[PDB]
Peer 1: 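Sending over a structure with sulbactam (bound form); questions below.
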Protein chains: 4
Amino acid sequence: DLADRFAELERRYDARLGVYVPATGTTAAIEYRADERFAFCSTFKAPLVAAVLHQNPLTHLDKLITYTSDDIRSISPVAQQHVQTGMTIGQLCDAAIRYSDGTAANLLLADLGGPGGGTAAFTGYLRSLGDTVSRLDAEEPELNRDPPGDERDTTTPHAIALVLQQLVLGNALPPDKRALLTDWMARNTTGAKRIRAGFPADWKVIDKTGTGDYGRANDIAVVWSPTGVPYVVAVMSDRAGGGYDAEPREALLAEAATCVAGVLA
Amino acid sequence: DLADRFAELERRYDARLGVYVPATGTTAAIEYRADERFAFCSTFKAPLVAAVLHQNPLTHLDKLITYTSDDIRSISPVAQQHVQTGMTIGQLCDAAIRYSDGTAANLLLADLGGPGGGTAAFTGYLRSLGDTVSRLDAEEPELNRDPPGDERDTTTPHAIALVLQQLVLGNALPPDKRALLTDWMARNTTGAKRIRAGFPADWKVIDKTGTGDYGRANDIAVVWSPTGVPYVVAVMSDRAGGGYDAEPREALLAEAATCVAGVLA
Amino acid sequence: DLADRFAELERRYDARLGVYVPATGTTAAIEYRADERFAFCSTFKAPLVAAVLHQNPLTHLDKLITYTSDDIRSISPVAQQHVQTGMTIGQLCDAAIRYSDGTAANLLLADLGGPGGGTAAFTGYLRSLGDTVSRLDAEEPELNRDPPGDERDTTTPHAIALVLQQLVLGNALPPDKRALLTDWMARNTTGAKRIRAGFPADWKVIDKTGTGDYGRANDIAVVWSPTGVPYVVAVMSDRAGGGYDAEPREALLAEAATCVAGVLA
Amino acid sequence: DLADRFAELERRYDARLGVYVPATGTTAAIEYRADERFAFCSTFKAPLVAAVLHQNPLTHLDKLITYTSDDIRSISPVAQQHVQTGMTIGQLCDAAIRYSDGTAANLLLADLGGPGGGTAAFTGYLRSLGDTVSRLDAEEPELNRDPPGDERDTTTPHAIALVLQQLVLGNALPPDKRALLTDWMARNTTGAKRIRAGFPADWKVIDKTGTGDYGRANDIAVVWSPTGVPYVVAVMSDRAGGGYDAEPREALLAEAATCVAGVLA
Ligand SMILES: *C(=O)/C=C/N[C@@H](C(=O)O)C(C)(C)S(=O)O
Ligand SMILES: *C(=O)/C=C/N[C@@H](C(=O)O)C(C)(C)S(=O)O
Ligand SMILES: *C(=O)/C=C/N[C@@H](C(=O)O)C(C)(C)S(=O)O
Ligand SMILES: *C(=O)/C=C\N[C@@H](C(=O)O)C(C)(C)S(=O)O
């Protein structure tokens, strides 16, 4: 039983492990705490980019957005260097996926537009992909700091997985819009020590990481087999027992992913 | 129930798969066809270099060995380039391991001395290491093409996995010699597509490959988890039903090594 | 007349090129715009680490440095994943060289201590080595975006080439420290397409890269002949005529290197 | 100029160096002892398989050739493992290129047919490519050991370049046949320590080596620049002053190819 190994890593790293791999024609689904709620954290920036892509035509990307020093609130390695010049919507998609830029996310959220920075617009977009569970209620960085047991800004390894299956493998976007999102994820720069570290090198890995308080660490990915077969992997985790300032354990995610690789090989 | 996945691979590739992973304090031993005989092929060169190292003072490595054109009877990518200069026992060790050089292995066997070019001497070194089943009856390239069912030049995944363990991890050698074999194997250039390919890149892998007729392909290795725990992995396979000319499938080996990796995480 | 090839590359890549290789015993010094000023960019992180190493005992490298979100001001691939846990002075040295992490270089500059985040100190360390020309007046990322003609945050291929010769080949650091700096520069991950790409593979190359705006692209390195002769190579280029957003051209650097390689053979 | 580096290596390696790079549209011709005669050695097997390719249709490759133990007269790593079974013409091509198999060459010569193992036939195909100079008179291994000064079994770095240019870059063979020759030369296994070791790794290199007595070391190659420009490089060398059993110096060839690489960049 793969679940015993998934229940060993929890004890080993003292964490709560969630895993979900959508079943294919050739393989059953992998499930561990799949329908338990975990905090999005930064992983919501994947479906956030595809939202803006879906409501707006390709030219919307060349729209410039200006901002000030007060708009920078979370880790923003790209946004802090363009406060004077401003950024085009496309650049904020690149910053938000590849570098998990917090400000670009809050901006892309306002670009969706609506109540409370268009968080509701975002959940809305998740409801037209058939996901009725997930929700987003705060912005960066408060969405990372909700206490355990609270359902705000939460998702489930089961529900995000399917979302990413629809977005990268399905027909949620047109191909030329699907091309941009995939590339941004294939060039993500924050997922080296996670899912990307547990799959052999001759597997392809696109991903979007998520980190937060209470030892939260997420990586959602689409990996390709050396023969070209695609699968979707969702790994979410937190260490609430350790409290607010518990340390997130990346190795847990990399070790988990290796277990998935073994069954997927 | 990792045996089901191994039995699925055998079907997928039209091959017979044999795997052994010695037990560790934390984990149980993995066994598929562990006590069946497969052909040594060029995996006998790892303990061959051990035997040479074992019976000689370190100074012997500088002893120059000269040979003639009629000695190059198989592929010898290195020895073929030194027929006029000659080679030292060390350079023959390096080539026999790192480039699986055929001529190197026969000269080493000769340096062991005794009946039949030192095949008997080699087998006695394995008996002294406790190996009760393995046997080397011929030289390169004959030892690669024995017909199926013939027990000559065969070992078992269980037997060789335990020899490798003692040579690298145990005390069969002193540290100053053991450190040479480990290096040579650490820098093998013929197994990028086998065990190396099924294990993530943060796992250290040292190996010696073997390939022969009847679609034979083996690889024996020591692997170090990212945390530092060492494991020994014997993977051997043949496709003797397809006949003499059958094609080895390196992907089988890699895929089994990826299966072993999930179980070992 | 190697200065005819360098000039032809300048014409071809629409760039200004600077090249210095100190003279060895066997060979003369290679010079092109050698005494002209080029922006440091990230190449300052190599002597910076040597600065921290020099002023502190080896166990100072285990000091834990904690930072916040506001401290992530440029791309910081490592620092951004450790905001919770904090980084050691050893880890910061690692990431400033190998991933050219920006937050790590800024922190280290502070650990040097002194006026304006320790840039006066970094400079003073260069003055103690003999460099009377270089200067460091800003932090990351402001030090990459100085307008052409300005002398703030600049060195010269001549000047930097001699600093790197002392730090690595000379005795500006005791062997135990020196070997750490040498090892970090040997495992660089940002210089695959620059000097490394311009030398044959059987030459060992350690290096630190530099990139900025105005198509700035530098790379400083020590290289070892196959026989073991060390040379220091300082290559720097910009394209400030094409303005702030001009694209750097790595292949200019990989080609210059290929020219220096032939002359040194 | 580049000729003074070429006269340095001669002194450095105590040898006689011959370099020829035919001029292209963009570059001039590199010449050093370009018309001085050097022993073919095993580089005649490049034009040899082309000759067999040329005057036969593609189906002639499947023809089978049986032979005996007495035919095995030179280093024959592949032909010695097929005495019983025999070899097809194509195996004799691949073997004679990639592994420099002596027996396979002497059989290909005899397949061309005619006087004295058909050597005249071979020269009879060189003149038709315009080469008035070169000649082949003996078989393996005698062609490798004619004395210095003698003209049998010689070509010139100028005369064999323009054949390899026609034979890979020209219209000497149709594409179908062209494809096979080229592939065999890009998979050669005897030229890692020569031209291939002196050009950067992002340059493509195909070659056929030659080695013999009197310290004779040749390599002829077609190399591609990282941008796609092809070049023909002919390096040949002997050390006639050190006697019949003088050691060949591969390093000279690598260094000369690195010197060719610098101007070509
Ligand atoms: C991505 O959306 C955010 C993660 N936030 C964490 C991080 O590691 O970057 C914190 C908790 C450090 S943060 O909200 O600054
Ligand atoms: C190394 O010298 C540079 C770091 N930053 C520059 C870069 O090209 O990566 C900037 C200024 C563009 S950045 O902080 O991304
Ligand atoms: C052609 O491939 C040449 C072989 N010549 C020499 C070699 O080193 O390979 C000898 C000495 C083996 S030979 O005269 O056959
Ligand atoms: C040792 O057993 C390894 C390799 N040799 C085989 C190979 O596949 O290359 C032979 C015997 C077929 S070979 O001609 O080297």
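Note: chain IDs run A, B, ... matching the order in which the sequence lines appear. Shown for chain A, in order and in the PDB entry numbering: 29-293. Since chain B takes its numbers from the PDB entry, the residues it shows come out as 29-293. The numbers used for chain C are those of the PDB entry, and the residues that appear cover 29-293, in sequence. Residue numbering for chain D follows the PDB entry, covering 29-293 in order. Excluded from the calculations below are hydrogen atoms, water molecules and symmetry mates; all remaining heavy atoms, backbone and side chain alike, are included. Method reported for this entry: X-ray crystallography, 3.2 Å. Counting starts at 1 for both ligands and their atoms, in listed order.
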Peer 1: Tell me which macromolecule has the most close contacts with sulbactam (bound form, ligand 4), using the naming in the PDB entry.
Peer 2: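 Largest number of contacts: Beta-lactamase.
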Peer 1: Return the other chains, by letter, having a non-hydrogen atom closer than 4.0 Å to sulbactam (bound form, ligand 4).
Peer 2: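 Heavy-atom neighbours of sulbactam (bound form, ligand 4): B, D.
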Peer 1: Where does the model put a covalent connection between sulbactam (bound form, ligand 4) and the polymer, residue and atom please?
Peer 2: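 As deposited, the covalent site is B:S70 OG.
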Peer 1: What organism is given for chain B in the entry?
Peer 2: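 Source per PDB: Mycobacterium tuberculosis.
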Peer 1: Which residues from other chains neighbour sulbactam (bound form, ligand 4) at a non-hydrogen distance under 4.0 Å?
Peer 2: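 Residues with a heavy atom in range: B:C69, B:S70, B:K73, B:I103, B:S128, B:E168, B:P169, B:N172, B:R173, B:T239, D:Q109.
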